Asker: 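I came across a structure with mexiletine and want to understand it better.
Quick note: residue numbers are just sequence positions, from 1. Computed from heavy atoms alone, side chains included, the values below leave out hydrogens, waters and symmetry copies. Order of listing sets the numbers, starting from 1, for every ligand and every atom in it. The deposited model was determined using X-ray crystallography, 1.9 Å.
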Amino acid sequence: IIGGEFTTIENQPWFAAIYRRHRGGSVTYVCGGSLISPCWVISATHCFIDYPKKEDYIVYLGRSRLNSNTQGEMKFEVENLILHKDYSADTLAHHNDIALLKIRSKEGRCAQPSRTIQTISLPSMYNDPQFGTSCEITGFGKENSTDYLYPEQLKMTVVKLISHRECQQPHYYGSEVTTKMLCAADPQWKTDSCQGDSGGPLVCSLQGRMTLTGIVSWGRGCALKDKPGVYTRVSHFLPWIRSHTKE
Ligand SMILES: Cc1cccc(C)c1OC[C@@H](C)N
């Protein structure tokens, strides 16, 4: 996250921290994720596509710090790693950038809701906030483009939803942004998601309810003028989510 504020998991209790283990025993952070039910985390395909082996992954819930333990945190393995069959990446644009991780504790259980671990609601078919709406993003992503390490503490910020019409302007992304994507940015270009924020939630308060409107997907640089964050439009993927979580 560029700009914004440090935060704690209690304010973002659906946030999942996803790591990958390496031969040698080193674990690195991979991407964000959102808990949409006790057994299911949703994230972004591009996070996993080069390493589609579920055994490599570790998911934490209730975690506020990157490399240390948070009271109440819970650790999960991945029982099923589901990538979107039609995922693809162009120079900038990532398509069908959405994934599902079925989680389970070492004892075989799914998540136990608590003060710091909660599900986030999905949106309803093609019902997204209007452009100009303020929404929040959360992640352990870079604080500056020149950074090579991630912040130790979870961050959040607030960005505004940008219309498809504006986002498809030639100085923005032209036709590379599709209707299955959502653009969001700061009107002054001072705050944004960045590398390492992928897979994490774009949350909008919709009809009184906190809704998972987007998933951090792609963009050109971070907090660049005329270059919004691009998000998977969750509301266009409800039949895919339902079909894969129904089992
Ligand atoms: C999400 C992401 C992943 C890799 C690279 C960049 C610049 C990224 O940020 C683009 C945009 C969200 N600011």
Asker: Mind checking something for me? Which chain has more close contacts with mexiletine (ligand 1) than the rest, going by UniProt?
Answerer: Urokinase-type plasminogen activator chain B
Asker: Students should be able to answer this: which protein heavy-atom is nearest to atom 7 (C) of mexiletine (ligand 1), and at what distance?
Answerer: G221 O, 3.4 Å
Asker: Against heavy atoms of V216, which atoms of mexiletine (ligand 1) measure under 4.0 Å?
Answerer: 1 (C)
Asker: Which of the atoms of mexiletine (ligand 1) are close to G229, meaning less than 4.0 Å from one of its heavy atoms?
Answerer: 11 (C), 12 (C)
Asker: Have a look at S198, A185, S193, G196 and point out the one with the heavy atom closest to atom 13 (N) of mexiletine (ligand 1).
Answerer: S193
Asker: So what's the source organism for chain A in this PDB entry?
Answerer: Homo sapiens
Asker: Most contacts to mexiletine (ligand 1) come from which UniProt domain of chain A?
Answerer: Peptidase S1
Asker: Can I get the nearest UniProt active-site residue of chain A to mexiletine (ligand 1) along with its heavy-atom distance to 1 Å?
Answerer: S198, 3 Å
Asker: What residues contact mexiletine (ligand 1) if the heavy-atom distance limit is 4.0 Å?
Answerer: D192, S193, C194, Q195, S198, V216, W218, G219, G221, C222, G229
